[PDB]
Participant: 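Handing you a structure now.
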Amino acid sequence: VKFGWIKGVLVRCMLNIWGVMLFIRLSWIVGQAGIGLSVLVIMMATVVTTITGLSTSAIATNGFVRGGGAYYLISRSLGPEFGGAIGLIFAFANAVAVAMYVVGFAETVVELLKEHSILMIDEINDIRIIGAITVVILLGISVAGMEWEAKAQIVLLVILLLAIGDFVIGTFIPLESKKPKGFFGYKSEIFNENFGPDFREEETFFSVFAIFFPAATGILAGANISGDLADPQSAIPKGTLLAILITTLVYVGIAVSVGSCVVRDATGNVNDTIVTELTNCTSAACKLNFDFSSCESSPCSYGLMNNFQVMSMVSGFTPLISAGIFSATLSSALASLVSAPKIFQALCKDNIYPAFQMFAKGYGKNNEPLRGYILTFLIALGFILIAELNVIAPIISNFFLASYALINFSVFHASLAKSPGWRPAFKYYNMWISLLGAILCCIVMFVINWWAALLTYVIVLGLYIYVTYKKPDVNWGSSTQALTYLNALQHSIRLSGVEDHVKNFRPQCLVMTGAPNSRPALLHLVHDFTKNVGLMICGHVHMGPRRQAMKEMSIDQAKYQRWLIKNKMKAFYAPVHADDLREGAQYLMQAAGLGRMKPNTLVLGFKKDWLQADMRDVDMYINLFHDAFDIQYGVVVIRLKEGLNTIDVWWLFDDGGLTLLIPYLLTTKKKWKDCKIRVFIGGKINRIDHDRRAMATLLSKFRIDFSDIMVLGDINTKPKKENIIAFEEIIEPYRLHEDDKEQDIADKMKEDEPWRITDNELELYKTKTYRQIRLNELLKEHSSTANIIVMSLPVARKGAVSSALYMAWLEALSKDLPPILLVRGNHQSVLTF
Amino acid sequence: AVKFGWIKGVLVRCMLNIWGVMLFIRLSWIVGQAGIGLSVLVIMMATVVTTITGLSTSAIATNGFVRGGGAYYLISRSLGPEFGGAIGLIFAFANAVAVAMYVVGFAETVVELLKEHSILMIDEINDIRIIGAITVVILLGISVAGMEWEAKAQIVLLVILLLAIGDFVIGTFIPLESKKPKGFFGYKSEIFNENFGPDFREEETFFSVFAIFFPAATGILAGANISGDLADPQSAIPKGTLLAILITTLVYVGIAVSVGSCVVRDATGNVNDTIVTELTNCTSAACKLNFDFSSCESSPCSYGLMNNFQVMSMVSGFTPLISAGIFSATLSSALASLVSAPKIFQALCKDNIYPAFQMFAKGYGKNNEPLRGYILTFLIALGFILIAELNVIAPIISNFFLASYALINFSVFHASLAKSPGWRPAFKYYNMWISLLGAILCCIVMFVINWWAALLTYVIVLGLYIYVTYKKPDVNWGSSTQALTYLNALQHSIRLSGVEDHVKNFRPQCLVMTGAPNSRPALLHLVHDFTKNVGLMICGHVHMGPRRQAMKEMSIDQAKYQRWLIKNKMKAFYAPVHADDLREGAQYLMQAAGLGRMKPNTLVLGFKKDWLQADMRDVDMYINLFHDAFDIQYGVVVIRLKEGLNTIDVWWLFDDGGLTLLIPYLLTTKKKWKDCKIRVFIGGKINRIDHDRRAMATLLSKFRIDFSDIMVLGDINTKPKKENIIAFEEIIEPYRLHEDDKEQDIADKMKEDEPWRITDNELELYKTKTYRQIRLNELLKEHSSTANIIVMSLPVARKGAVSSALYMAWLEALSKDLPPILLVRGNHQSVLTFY
Ligand SMILES: CCCCNc1cc(C(=O)O)cc(S(N)(=O)=O)c1Oc1ccccc1
Ligand SMILES: CCCCNc1cc(C(=O)O)cc(S(N)(=O)=O)c1Oc1ccccc1
Ligand SMILES: CCCCNc1cc(C(=O)O)cc(S(N)(=O)=O)c1Oc1ccccc1
Ligand SMILES: [K+]
Ligand SMILES: [K+]
């Protein structure tokens, strides 16, 4: 195993390219299109094949390649879905190409048998029998061992080269008996008259090019043996390119030699010699002592345009050329039958399609895919028993063009996504040359057949879609991921370019939910806005040992982010390590995001069970509120029923407009099309008409489309004493009965626990406590039925009120209601203009 | 000052702009050339495209105050400033030349009317020119009087037009015994059947007749162009525009169907023709009742739908009324165009998109009337009338109008696509798909009219686009472009968060901890070389002021430094924070900066040149920052340059993840260092130097680094020169704590009160290390003096093991009087794929 670059790559691919076209139809295409146009066709195929060779060389030299060849190269340089689609397409294409080569062999054998006396059953049936027998022999030689395959390849290569040498030496020497058939030894007049094209039949330049192109195919057999190769980096590039050079030179030289020696038209009748009657005919045959005037209006069985096997006749010892044709065709068939199962093996090993897994088995020491050999045997056998392959030839040609085109596109994509890790170490390549190769392959496959190209395109698209939806886990970093990163970075830079405006103010939320999966209810509620309308950073502070915490954080970021992706959530999980909530919250609030994608609101889940929890946590909560207010953030406190007349807005306190913007953003969603926002405001009595008119005008200026505005004048009134005593007994644990108890002891138990609610605080904020209690009462009795409630949260200066008192206010305001969403903004958010 | 409202400002203006020359002249032509069915189909196509245009402009207008300026403002606040400027200029020109088109149509009608008379001033074309000149002069004169002055005129003109319609209708429902031979019958079903199908006798085809018909449709935006003087555009513009479109298309279809059953296609005005008996071969509807016409294609025929463009006027009783109606329609359309163009051009001039034009935004008068814009439109119209050949340029102006409509629809589609607050049109009856469809049909129709005109319009719009986007003006109004940029950034960041991170796709994402980037440009340039198009550079900066006032200073700093970075070619994000000291702000940034997978993974620090002069607390904080970065698995990169202003060399002394080689390679992938060849220096004992070289080559063969040559040094472990160690001792002497040569108590107290001092125990423990860096410095000086960039693995020491003063002394000694050395240290995670 581990073949060298001469044997593994150069011999294998050089043999694969040389096939049926070289010794049979090359002369025919030279006849159909003149020497110049035939060489132009050969050079078109050469440029497409050369760009493909350069691209596959660029991909192959970028690090080790495990195996599977073209599939591995493309699937690692490009995404796994393109890799899988191309792997399946190319595997099937090579499997069919095995049948195509074998049926070419079989029809050559049938022709050699027809010119002899014997014939077995019939041309087509004998083709079927010969093809079946030969595919069985090919399967046997392939499963006998890859070393035996290599020996067969090299012996067939020397046979083919001897055949070409026989042809050229025969071309040097003319023979008197070959004159009637059309052979003259390098006559300049023949070259002159054959330089022009003459397409007597329906064939056109595009038709001849499409017929010739299959000759150029098969260059990836060098790369398709990547698994069993000593050093693909140094083997694939030089071997492939030199093989392309050698085969194209041979093709052009042979075509020019045949076109310059054999006449376009001629009949085998020896009685056509023109002797001493030099007449007024300017045809290139007249001046060469043989007048083939009959072929103008009579069918002749010889000449370039009529005879396919003129290459055999022109060369001395024509049985040797027949053996050469057999060697070329069988070698190409064996190369295809070896290339297809290996690429299929790699494709199934990567398990892009879980349906196909049995064919990845590694029977033998070299991991030979014997089941792949059987599958390719069956495909080739079927396509041979069909026995009529010319109908599907454009299909396979378009499969090959698709594979080459996506190799070129993989090079262009990997080079476009400027990233470390794309270091091919093949200097001779370019982004634009590869892109040109890709577009050239697409136009060529369209030229060959306009509907086969569409069929191939739709098949590739279908496989792409199927793999995308059936996304498997893939470790190999493709150029798609690099391009995603580069696009994200470029778009972020461009966003940093544009200045901010109050019209396009996006709510950018920093949700302090610890474990996102813990409380998905308010997570979805915060997702109702900040979905295609703003970003959503689900922060999370980690506590514990410093150095080791990163490991935990890493796995956490791996888990929760995945969870966010698993649900239809558009949010980023941004973890930090901090000693306490305030430190990590400050980390995030200070340096979260980048560019202009910075959070501007701190969405906080309401701290349920604040009574049971340690009071240090509650004071931490209130200090977090204050920190958010100090850094110019908009706090949003959300209270839900986590275990499990539509939307109400309470524009009690004026701010930039966040308390009104959020309800509107909630309305424009599929869950709540029927929004029907009911707006409320605290207006003095005997002014409700004026306040309602003014608020309706303002809400028309900001197009929010309320349902009906209501004005309340009872918001600041003494509430029912039952609720007052409920609030008092709720606070009772956190009271500071300084007046009742002795001054010294009260000071002692106040300084050690500064969160205690001084009676002075209660006497100063009795009005505010009544306000919150009354707001809760009137809201509960009025809007008991509603799907969302929004209100402006109360705010007190840091240290002015105890954390216990502030949390008591928050809890009393939203004691037991439908989902409530208290809001507070900083700067202007909604603009009439 | 003046506020018309939808009753007069919008409805009347667009009503009278849609109606124009063709409403009576060429309508017979289209209904005859194309059957009633095909004529109504063409009317439906024009009506639907104009209807989506009206819906889209209504959606744009209803969104907030539209201020004043017309379609320019609507398309410039809903879309980028450059699209706005381009369409403003193009639509202003199109309306200005439409003034001339309507004036020359009026002149054509007048010259034909007086050619019916024997009077002729000079010549048909000369008389057309003179009539057009007089009409445009008086048109300007009436227009300059005031915006309210036409208010009466328009409406009275309107009733005249409407009364003319009535005249035609009452003419349709009464046949006259004397005028049967001159084309029409008394509303017979035979005429309806005969004229139902199409008959394109001349080269005119379906597309040709559609293009002939379309110019009538245009004119809806003239109501929106009065947005400057209009009470409440938000509510007014939708009602006026939609009702005007509905009523004008209804009247068009009504007149088309009425004419389609009244006048035969071909009719020779010969009274002598008349039949008396039934005959076989007269399938023509003419013979059906009284009068038979024949051979109007083989002889010069006189009347008929497809011959006489004024046949409708003959059908209409009391031809003077319908003639006055034609004059009223064309003049009213001219007024609408000449009032729409100056206002839109004034709005274009106000925003200073094109510095060349500035005088047209004067708006002299209390009504803010652009008199200079009026004069410009007058000059353009006078010239285009003097051309007197408007058929050649008609496709150009039609395509201008169609481009305006198309990009209005696309403005709606773009604003709706960029899901954003502030896009609350409140006009329910619209749809983003409908707007996109309208734009596509506008594009297809402008291509269908004439391909060459469409190409000219497209390239002109693209040229204006490029000019305005290159000459970016001082504009900020949160256009849909900015909203879509934000939405694209967010969506792409989410997608990136979707994908995993691979070694093969590793990137150097640098957090450059250097405040005030302009302070240290050169350093950033070197950081930019290996982070441009390969990673993200976050130019961090901590704010040291008091907390209360720190926010405004931070905002000013961020704005001005982002503007500075964008002014240069720099591709970096300025991320400032506030902290009690440099270390805490660095911790903030290293813990939170960047969202998703776009977060830093290396910390780039400039070398502390003034560590000798500066207070030792800052240097200790510098080293503490080094250690903190190492704690969070960051890779430190210390860069030292000469701030006042042959190949690259690498020193892979210590094996890290692989950054030490990745940075030089990325440097070589740039035009600045494209020619530089990565020489490599490593450490290896003498007896196995060659093997080491071989090994290194193989390593650099696996990672395709493409070096030049490898030099193995085995002397790095040897003692350095005595002079160099003497210099090192002199350097560190001020920070020395001579505990060996002083009493234990004084040395101890100097230690705790001054913890950063270098105790002689550290010196005796790390003599080997100190000699290592001194030797490395001297061999750097002798071996790689002439090198553009030097890369070295910086030393590391455990926290507390070595004094920060001594560590900074090592950093100082490792690089003295050297080219731009670049010390590196990876985070022990492999960054070179190997596969
Ligand atoms: C993707 C091409 C698959 C290989 N088959 C191909 C090979 C060559 C050649 O010389 O390599 C020439 C042709 S050819 N002269 O165009 O017909 C071939 O098409 C065939 C052959 C025989 C039957 C039907 C189709
Ligand atoms: C590691 C937790 C970091 C975020 N903390 C957060 C987590 C969660 C949750 O479960 O994800 C719920 C709340 S809360 N207000 O109860 O809904 C939390 O706010 C706290 C928690 C304790 C002290 C102070 C504030
Ligand atoms: C886009 C609008 C251009 C204005 N002129 C235009 C107006 C109307 C109409 O109905 O207001 C009809 C036509 S027309 N004969 O139907 O194609 C017009 O093209 C003319 C007319 C006469 C002179 C030159 C050009
Ligand atoms: K081939
Ligand atoms: K018009």
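Labels below follow one simple rule: chain letters A, B, ... track the order of the sequence lines, proteins then strands, and each chain is numbered from 1. One-based numbering, in listed order, for ligands and for the atoms of each. Method of determination (from the header): electron microscopy, 3.3 Å. No hydrogens, no waters, no symmetry mates; every other heavy atom, side chains included, goes into these values.
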Participant: Which drug or candidate compound lies at ligand 2?
Facilitator: bumetanide
Participant: I'd love to know the main binding partner of bumetanide (ligand 2) in this entry - how is it named in UniProt?
Facilitator: Solute carrier family 12 member 2
Participant: Could you check which other chains have heavy atoms less than 4.0 Å from bumetanide (ligand 2)?
Facilitator: A
Participant: Quick one: what's the binding site of bumetanide (ligand 2) if I count heavy atoms under 4.0 Å?
Facilitator: A/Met512, A/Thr513, A/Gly514, A/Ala515, A/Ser518, A/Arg519, A/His540, A/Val541, A/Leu581, A/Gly605, A/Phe606, A/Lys607, A/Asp617, A/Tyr621
Participant: Which transmembrane segments of chain A does bumetanide (ligand 2) approach to under 4.0 Å, counting heavy atoms and using UniProt's N-terminal numbering?
Facilitator: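 In UniProt numbering, no segment has a heavy atom under the cut-off.
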Participant: Which residues in chain A does UniProt mark as K(+)-binding that also have a heavy atom less than 4.0 Å from bumetanide (ligand 2)?
Facilitator: none
